[PDB]
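Structure of BNC105 in complex with Tubulin beta chain.
Chains: A, B, ... assigned top-down by sequence line. In order, the residues displayed for chain A correspond to 1-429 in the PDB entry numbering, which applies throughout. Numbering of chain B is taken from the PDB entry, so the residues present carry the numbers 1-99, 112-120, 128-139, 145-149, 182-364, 372-380, in order. Residue numbering for chain C follows the PDB entry; the residues present correspond to positions 1-438, in that order. Note that chain D is numbered according to the PDB entry, with residues 4-26, 42-72 shown in order. According to its header, the structure was obtained by X-ray crystallography, 2.7 Å. A restricted portion of the entry is shown here, and the contact count covers that portion and nothing more. Start at 1 and go down the list; that is how both ligands and their atoms are numbered.
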Amino acid sequence: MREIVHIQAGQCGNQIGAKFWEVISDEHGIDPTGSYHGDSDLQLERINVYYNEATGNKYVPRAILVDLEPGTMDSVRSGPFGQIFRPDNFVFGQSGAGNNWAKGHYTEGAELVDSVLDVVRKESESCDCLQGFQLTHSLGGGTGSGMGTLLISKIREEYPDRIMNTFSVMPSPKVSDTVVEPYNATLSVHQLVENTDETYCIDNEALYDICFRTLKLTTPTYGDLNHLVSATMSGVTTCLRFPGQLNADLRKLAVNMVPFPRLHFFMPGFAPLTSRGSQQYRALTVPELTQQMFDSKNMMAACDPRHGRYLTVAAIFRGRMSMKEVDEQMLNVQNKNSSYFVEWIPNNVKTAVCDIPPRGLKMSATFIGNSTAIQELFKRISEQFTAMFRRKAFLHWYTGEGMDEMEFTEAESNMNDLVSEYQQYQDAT
Amino acid sequence: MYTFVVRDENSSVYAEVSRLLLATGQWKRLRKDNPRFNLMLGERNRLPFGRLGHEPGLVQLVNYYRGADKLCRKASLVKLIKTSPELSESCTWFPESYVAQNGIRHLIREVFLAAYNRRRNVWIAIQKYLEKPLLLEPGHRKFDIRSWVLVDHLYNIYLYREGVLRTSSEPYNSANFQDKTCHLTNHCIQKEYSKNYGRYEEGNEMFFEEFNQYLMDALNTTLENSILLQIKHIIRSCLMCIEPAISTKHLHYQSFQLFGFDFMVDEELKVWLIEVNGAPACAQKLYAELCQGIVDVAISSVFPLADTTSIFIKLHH
Amino acid sequence: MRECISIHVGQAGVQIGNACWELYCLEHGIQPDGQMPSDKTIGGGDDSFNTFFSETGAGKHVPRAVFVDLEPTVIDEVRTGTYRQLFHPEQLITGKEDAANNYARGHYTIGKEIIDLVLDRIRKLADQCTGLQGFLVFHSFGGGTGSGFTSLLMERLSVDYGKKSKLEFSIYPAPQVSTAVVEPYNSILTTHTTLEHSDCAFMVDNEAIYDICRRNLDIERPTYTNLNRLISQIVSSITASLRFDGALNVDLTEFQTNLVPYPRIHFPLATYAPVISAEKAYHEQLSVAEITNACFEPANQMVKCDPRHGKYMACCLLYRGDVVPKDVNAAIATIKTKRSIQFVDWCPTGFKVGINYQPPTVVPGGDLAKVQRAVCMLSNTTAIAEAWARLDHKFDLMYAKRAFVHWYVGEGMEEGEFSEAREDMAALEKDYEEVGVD
Amino acid sequence: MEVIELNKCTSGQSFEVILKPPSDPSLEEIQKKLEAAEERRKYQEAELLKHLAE
Ligand SMILES: Nc1nc2c(ncn2[C@@H]2O[C@H](COP(=O)(O)OP(=O)(O)OP(=O)(O)O)[C@@H](O)[C@H]2O)c(=O)[nH]1
Ligand SMILES: Nc1nc2c(ncn2[C@@H]2O[C@H](COP(=O)(O)OP(=O)(O)O)[C@@H](O)[C@H]2O)c(=O)[nH]1
Ligand SMILES: COc1cc(C(=O)c2c(C)oc3c(O)c(OC)ccc23)cc(OC)c1OC
Ligand SMILES: [Ca+2]
Ligand SMILES: [Mg+2]
Ligand SMILES: [Mg+2]
């Protein structure tokens, strides 16, 4: 039970983070009180990865809740599983970040950062063999973007040999809070490129389109968006939370998925797409699960895989199913579409199977793709960035916090540098 | 959908097989170095047989037999016939051979001299041991017979019912060995040195209908009985001899191959084996028919298409 | 009586070691508590089974074995499983964090921290030996520990035990049931570093075992348990000459003498007898001729390759069951007439035959049926170089982009060790062509 | 084809049949390589910390 330390930062970070803890606590049989009332030993055999075994025979999430304003965190404590969390692990300021990356990274966030590291360090002390850290946050805001990346930077300083893993929600004008979101995202991507081992690119554009175009939800809330994120986060953490043949961990994930250190941004995808209300009763066949999971309509980053090629792929099937069928269907997709997989990485698709399905479904599959097509997301962000940066528009929000234009030009060019690296391997043969 | 790659860009017959497979709508061509193929149209040299048959979920087939070079190289064919008991020191249909034009002595080895020293004539190093070639007296000319043979993954021996006769254009002279044209019926030496390439038949290629008709009018025999029976034997003999060495019956990958057999028919209607070519070109008229036979027999048999006679003669065992 | 120490490194080595020692106990009549009622000399002895088992005053027969992994889960299953009492706890050595499928991390950063302790526990066994022969080392090519730590251990064994033989049982990576994308790198790195320290290495390609289980045991998706019980049957055949009374391959040095005429070409091909399903409701027992002919079918080899397109430098037939020399010779005469068996010409065309009258043993509730006669053929054929070509190609595909190389350079390796390793492999392939192709 | 070196015992037999006749670094060096890699590793770690320092 190599332990993971969880960190959620900002409105998005905590709301998505809270849903994650709701989903997995149900999977592991943990009620909001904190005690285990389930039916199988498999739920507990690897409970230490995400939970401390507190005194009194209770399980406490190894989670640190961080924000620069108290609003979203007070609502998490009021939430259905808000009790589950440790109260000392709530660390908040009161001035907010005003959707300003500079406020989170350099000023307001700087008052509060050491307060958070003290809690992170307390949780790592009691860890027998820490894997590393997983952070949930958005890149378009101020706290989870600006301070989340500052946290990442400080944690790398103190824990340079542990894995840094993030779930990073990318901004989209279709779900836009603010015009300066391309600024905040571009600055944070520069950080994630340097100081992260694995990032799941959760694009709100993709989340919106799935609710609109697929689940037939006409006006989708952040709730409907976060239902997709919570189901994905449960899927990609399946091999960490349940016994498998792989004995997977965060380092072996990075070793096998990241052929080049900077190219560590993954496209996630999920099983059948499901809305919160609709409980549809036909279980999927293994061909359907495989076809759907590689479908662009099931990706959580708004990119078409047929516009790039896969460097590496990790797929996780949940439920009782013939693993011969799983093997036959997965070899079918690679053999039938070999043009969309790089030929210079043999056996670059790894599939694992887990016999316990997620709640409400009897069959499921989670997709983790390292595709050069993710460059579409990054140059979409940088297009929105340059459109207002060539006029230096809204910069005063950031220069009033001490930043210079020069730092914007450097983050811009490093993300354009990121795009060029994905491009060189999409055409490499 | 099926899958194949091309690694011999100079093959005329597998360029056509490529066109046909694509035109079925059920075969797709990947880039050459993609390992996830069903069919490899491989190189003619240093083909990597050791990398075939190790892809999970793929049945892999290749248009070459590993080890067939021992029949298709001049030097090894002589050592194969002399060493295989199935063929023997006494093989009535292979010209006497021990280890570029022809003449008498002076080369250009111990055992060679003694046989040549047991004489109380002509040699080559289209062979000219047979100074009695057999004349095509509507011009008094020499020829050679090329039969194309296909051996599938089951090691059935399929002889294409259409063969070609590459002919010399001008009369044969028993003392003109420095003059290589009138009795070396290679096509490339016949378009350059020759005197009237193309008078008696087009392209110096007489097919079997015209030739069998000639045998009936001129010698009261047929091509089937006077020549092809012997040809069928020589093909059946050579390929059955090396079958334990090259068969892929119980292998992780499968092999087929199309061979070209060069024959020499002497004046007494006896057939001689000249050469076996492992990467043979084909006559232009017959390309469409033969390459369609390769697909039906060698490729579609392993990789069948959806549900919607024969141009080969099966040489049995 | 000259003792042999087995060393099992990484998951694949440990779990194959379990299946082997389980088989050894059944073949010698040793109980899971370590007692051996058939042994009437108590507290010690110099019997042939003592090559692999020491004896305690309490009558307990303990394997001369060391299990080492950089991570505790797999060896923890040994300490709790059926054979807890079989092993001294100090023989089961675990670290705290594995090599993360990374040769560099298994050989340098993590392995350097545990090499000294393993060597001492290894030496604690050697000091119990009156005449130590050498080591049998079980490991995977693909794992971070089985590749990186094994090579580190092999070097230090050569300095500390300079005059002792070292044989390998190596698991060659197959995508069918592999673990990591970088297994071609780890295989090439460990092979290059271990080549000059290994006297004889029996490679087992997981693809061959997997398909043998699919075809001959009718197991749809073979598990590691399925694979390891079959491998142990092959391993037991190879090592039976060490643990039973016999004249052939009695000591580790004789494996080199009989199988390895050139030190670098020391990868003999193993082909095994009949593999028959226990579930098969009616089976016809195969004669001596049928199982000996089966040794020349690629479907039964531990590595898929075509011996018809190489040359043999040595051939050993290891029989178990009802087999007499008359039948063996008759079967060899028949086979030579119909099969492509050609030796290098500086070697006599001949087979070395050993026969153990005890038929193969099968684990109760296993997948293999009880058979009346079996054989393991060890041939040293250049055809096994096909496996090196296969592996070296996958290495080349990834290294051309320097893909994943940063993970190794990040643990202290230089990029030059990659190309230094690949060049040794290229030289290995050239050697095989020199000996085997005209 | 002849049998050679036939040895019999109660456990089994063994023989040879011939069809046709024929026609390391020091402990000082291992320590050097292992520590040259720890220095190459500690250097890159120092580059990271000096970079995080700026
Ligand atoms: N035949 C067989 N192969 C195995 C077994 N376990 C793992 N392998 C193979 O070994 C390779 C992976 O190496 P492992 O032994 O699992 O890794 P390791 O030696 O424990 O080193 P780490 O990376 O630190 O875990 C893959 O190619 C697997 O197919 C086994 O029990 N039997
Ligand atoms: N998917 C999702 N996105 C969110 C949520 N809340 C905010 N966002 C996105 O995050 C960005 C705003 O960041 P926010 O988390 O509110 O900033 P912060 O509180 O200062 O860290 C915008 O692009 C929003 O679309 C949420 O609950 N779910
Ligand atoms: C942390 O989450 C995961 C880790 C691993 C993993 O540790 C890998 C191991 C042990 O070998 C691999 C591998 O070979 C890969 O090839 C693409 C990818 C990942 C791996 C595999 C996963 O899914 C298959 C995971 O997602 C749930
Ligand atoms: Ca005793
Ligand atoms: Mg907000
Ligand atoms: Mg391990």
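- BNC105, all copies counted: located at ligand 3.
- Other chains in heavy-atom range of BNC105 (ligand 3) (under 4.0 Å): A, C.
- The name that the PDB assigns to chain C is Tubulin alpha-1B chain.
- The PDB records the source of chain A as Sus scrofa.
- By chain and number, the binding site of BNC105 (ligand 3) (heavy atoms under 4.0 Å) reads A/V236, A/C239, A/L240, A/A248, A/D249, A/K252, A/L253, A/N256, A/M257, A/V313, A/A314, A/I316, A/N348, A/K350, A/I368, C/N101, C/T179, C/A180, C/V181.
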